[PDB]
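Structure, as C-alpha cells:
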Amino acid sequence: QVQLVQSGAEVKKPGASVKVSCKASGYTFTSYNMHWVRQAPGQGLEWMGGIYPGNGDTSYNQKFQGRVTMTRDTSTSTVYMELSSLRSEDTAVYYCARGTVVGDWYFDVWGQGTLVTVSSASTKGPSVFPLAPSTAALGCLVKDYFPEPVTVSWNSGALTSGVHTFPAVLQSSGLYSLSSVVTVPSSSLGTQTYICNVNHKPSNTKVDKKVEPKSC
Amino acid sequence: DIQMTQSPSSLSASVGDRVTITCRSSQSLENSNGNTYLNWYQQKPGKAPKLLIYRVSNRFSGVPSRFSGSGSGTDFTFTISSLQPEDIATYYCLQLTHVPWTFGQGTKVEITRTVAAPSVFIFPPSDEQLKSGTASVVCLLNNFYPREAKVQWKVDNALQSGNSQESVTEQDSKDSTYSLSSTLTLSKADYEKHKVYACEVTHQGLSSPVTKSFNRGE
Amino acid sequence: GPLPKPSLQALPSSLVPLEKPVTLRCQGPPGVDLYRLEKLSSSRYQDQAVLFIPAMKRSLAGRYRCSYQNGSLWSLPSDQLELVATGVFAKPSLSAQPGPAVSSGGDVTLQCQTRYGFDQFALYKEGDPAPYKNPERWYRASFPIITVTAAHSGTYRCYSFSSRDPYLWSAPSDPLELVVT
Ligand SMILES: [Cl-]
Ligand SMILES: [Cl-]
C-alpha cells in the first residue's frame with residue numbers, strides 16, 4: 001500500500017509563505033528521495049528540488065534557491081516543502097514524488113497534489129442550489145466561493161455513473177461557480193433520493209443538498 | 001538549463017492509431033559517463049502524472065506493451081502503438097541528466113470518434129436562489145462529440161450576449177465525449193420581468209438546432 | 001475501531017543465508033493478551049509473538065504479518081515482513097561504471113549479471129534498513145545513482161533471483177566498495 005498523502009489546499013496572501021506536507025507510507029522511507037514538482041493551472045510541470053530523507057541533504061532548482069526549504073521528519077515519514085515570498089506566479093498544484101535513492105525509475109509514486117492559491121481576496125464558502133429534474137438530468141449549482149477547490153459527491157459517493165462535475169468559472173465578482181450534474185432514469189425519480197455533498201475545506205463549509213422534482 | 005521541446009503540443013487520433021510524440025533537448029542528454037536519464041509520464045485530467053517509460057526505452061512495471069520510447073543524444077520519441085480511449089492524457093518527457101531537471105511542455109492526446117449529438121437540458125433558478133436577489137439559468141449539453149458546439153440564450157425571443165459563462169469537461173476516458181454547462185445570470189428583477197427562457201443548441205450531430213425552454217412561474 | 005498495528009522485525013536480518021538463524025518478532029504494547037503471527041502463503045498460523053528459525057530453509061522464505069488482541073479487540077495487522085533465504089543459487093557478478101572510486105556530483109551505475117534463467121536483482125548496502133529492488137526483468141540489470149554524494153559510499157552486494165520464487169535469492173556477489181569523494 002505505497003502512498004504519498006499531502007496536506008489540503010491553501011490560500012495565502014502575496015508576500016506570505018506556504019508549507020505543504022507529504023506523508024509517506026507502505027515503503028522504507030529512507031530508500032527514496034522526495035522531490036517536489038509544481039503545475040500552474042492549465043500549464044506544464046516544473047521541478048522544484050528534492051531531499052534525501054536519510055540525512056536531510058537537499059538540492060533545489062536555482063529558480064527557487066533562497067525561497068524554498070525542504071525538510072523531513074523521519075519519525076513520521078513526512079517531508080515538508082515551504083515556499084516563501086509568494087506571488088501570483090506561485091499559484092499552482094504542488095506535488096511530492098518519490099525517487100529511488102539507487103535507480104533511475106524516478107517519480108513512480110506521487111502525492112495527490114495540493115492547490116496553493118496566492119491572492120489577497122477573502123475566503124468565502126459556497127451557496128448550494130438544486131437543479132431539479134424537469135433519461136432525466138438533475139444537479140447542484142455551487143455558487144460564489146473562493147478559493148478553489150470544492151469537492152462534489154452524490155449520495156455520499158454511492159452514485160458516480162453519469163456524474164459530470166464541471167470545471168469552475170471565475171465570475172466578474174472574483175468568486176467561483178460550478179454545477180455538478182447527473183443523468184438518471186426518469187422512472188426512478190419517484191423512489192430514488194438524490195443528494196449532492198459539497199465540501200469547501202478552505203472555508204470549512206460542508207453542505208448536503210437534497211435535489212427533488214419541483215412539486216406542481 | 002536544458003530546454004525540452006515537445007512536439008506536437010496536441011493531437012487527436014482514432015482508436016487503434018499509432019501516435020508518435022517527440023522531445024528534443026537543447027543540448028546533449030549523453031552525460032560524461034555515456035549515460036542518459038530521460039523518462040516519460042502520462043497525466044490524466046485531475047490526476048498526478050504516472051511513470052510509463054524510464055531510461056529512454058524501459059517500460060516501468062505494469063505498463064502495457066503499447067507504450068514505447070526510443071532515441072539518443074538530443075532526439076527522443078514516445079510511441080503509443082494502438083491508441084485506446086483510456087489513453088486520453090497529456091504526456092510529458094523529463095530529462096534527469098543535467099540539474100535542474102526539466103520537463104517538456106507536454107503533448108495533449110485526444111480521441112477522434114463518430115459524431116454524437118448532445119442531449120440538452122434546461123434548469124430554471126431555484127426559489128432558494130431567487131430569495132437572495134440573483135437568478136442563474138443552467139443549460140446542460142451532455143455527452144457529445146466533436147467539442148465544438150454553440151449555445152444561444154434567448155429571453156422572450158431576444159438574443160442574449162455578455163451575460164453567460166460556459167464550462168466544458170475533459171474528454172471522457174470511456175466514450176470519448178464532452179459535456180458542457182452554460183449558465184445565464186440575471187438579477188431577480190430582470191428575471192421576473194420576462195417569461196420565456198430558452199437555450200438553443202447548435203451542433204454537428206443535430207440536423208436542426210435543439211431548443212429547450214421554460215416559462216417563468218409554470 | 002481496531003487497535004494500532006504492531007511492528008514485525010527480523011534479526012539479525014531479513015536476508016538470511018540457508019542454515020543460518022533468524023528471529024521474527026511481533027511487537028505490540030506491553031501486556032497484550034494474545035499475538036498471532038502468520039505467513040501469507042500458509043493456511044495456518046501461530047499464537048505467539050516470536051518465531052525462531054534455527055536454520056533457514058527455502059520453505060520458510062516468504063511474506064509474514066502479525067497482529068495482537070487486547071480486551072477482545074484485534075489490532076490492525078503489522079506491515080508485511082519479507083523474509084528471504086539467500087545462498088540458494090550461485091552468486092551474480094557486481095561491477096561499477098565508470099568505477100568504484102568516483103567524484104561527487106556525477107553518476108555511478110552499479111551493474112549485476114547472472115546466467116539466463118534469473119530475471120531479477122536486488123542490491124544491499126551494509127548498514128541500510130533494506131535492499132533495493134529493480135523493475136528490470138533480464139539476465140543483467142543496471143542500478144544508476146543519478147547524482148552520487150559522499151552518503152552513497154559503502155559496501156554493496158548484489159543478489160539475483162527469479163520471479164518464479166521471489167523470496168529465494170542467490171549467494172551475494174563479491175562486495176563492491178563504493179568510494180565517493
Ligand atoms: Cl530477537
Ligand atoms: Cl509468501
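In what follows, chains are A, B, ... by sequence order, proteins preceding strands, each numbered from 1. As a basis for the values below, the full set of heavy atoms in this structure was taken, side chains included, without hydrogen atoms, waters or symmetry mates.
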* What is the name of the drug located at chains A and B? -> glenzocimab
* Provide the name in UniProt for the chain that contacts glenzocimab most. => Platelet glycoprotein VI
* Checking heavy atoms, do the side chain of C:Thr147, its backbone, both or neither come under 4.5 Å from chain A (glenzocimab)? -> neither
* To do: Write down the UniProt domain of chain C that holds most residues touching glenzocimab.
  => Ig-like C2-type 2
* Asked: In terms of heavy-atom proximity below 4.5 Å to chain C, should A:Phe29 be classed as side chain, backbone, both, or neither?
  -> neither
* Proximity breakdown for A:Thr30 and chain C, heavy-atom pairs closer than 4.5 Å -> both
* Asked: Relative to chain C, which segment of A:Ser25 carries a heavy atom at a distance below 4.5 Å: side chain, backbone, both, or neither?
  -> neither
* Report the chain of glenzocimab that forms the most non-hydrogen atom pairs under 4.5 Å with chain C. => chain A
* Asked: Non-hydrogen atoms of chain A (glenzocimab) under 4.5 Å away: do they reach the side chain of C:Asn134, the backbone, both or neither?
  -> both
* Selection from C:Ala151, C:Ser142, C:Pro135, C:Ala141 maximising heavy-atom pairs under 4.5 Å formed with chain A (glenzocimab) -> C:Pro135
* Asked: Given that the side chain runs from C-beta out, which part of A:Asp104 has a heavy atom under 4.5 Å from chain C: side chain, backbone, both or neither?
  -> both
* Asked: Which residues on chain C are contacted by glenzocimab when heavy atoms count as touching below 4.5 Å?
  -> C:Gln97, C:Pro98, C:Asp107, C:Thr109, C:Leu123, C:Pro129, C:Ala130, C:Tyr132, C:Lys133, C:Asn134, C:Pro135, C:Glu136, C:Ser142, C:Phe143, C:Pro144, C:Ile145, C:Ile146, C:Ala151, C:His152
* Which antibody residues in glenzocimab lie closer than 4.5 Å to chain C, judging by non-hydrogen atoms? -> A:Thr28, A:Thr30, A:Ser31, A:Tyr52, A:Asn55, A:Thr100, A:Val101, A:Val102, A:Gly103, A:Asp104, A:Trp105, A:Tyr106, B:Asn31, B:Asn33, B:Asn35, B:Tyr37, B:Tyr54, B:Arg55, B:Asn58, B:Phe60, B:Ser61, B:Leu96, B:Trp101
* In this deposit, what name belongs to chain B? -> Fab light chain
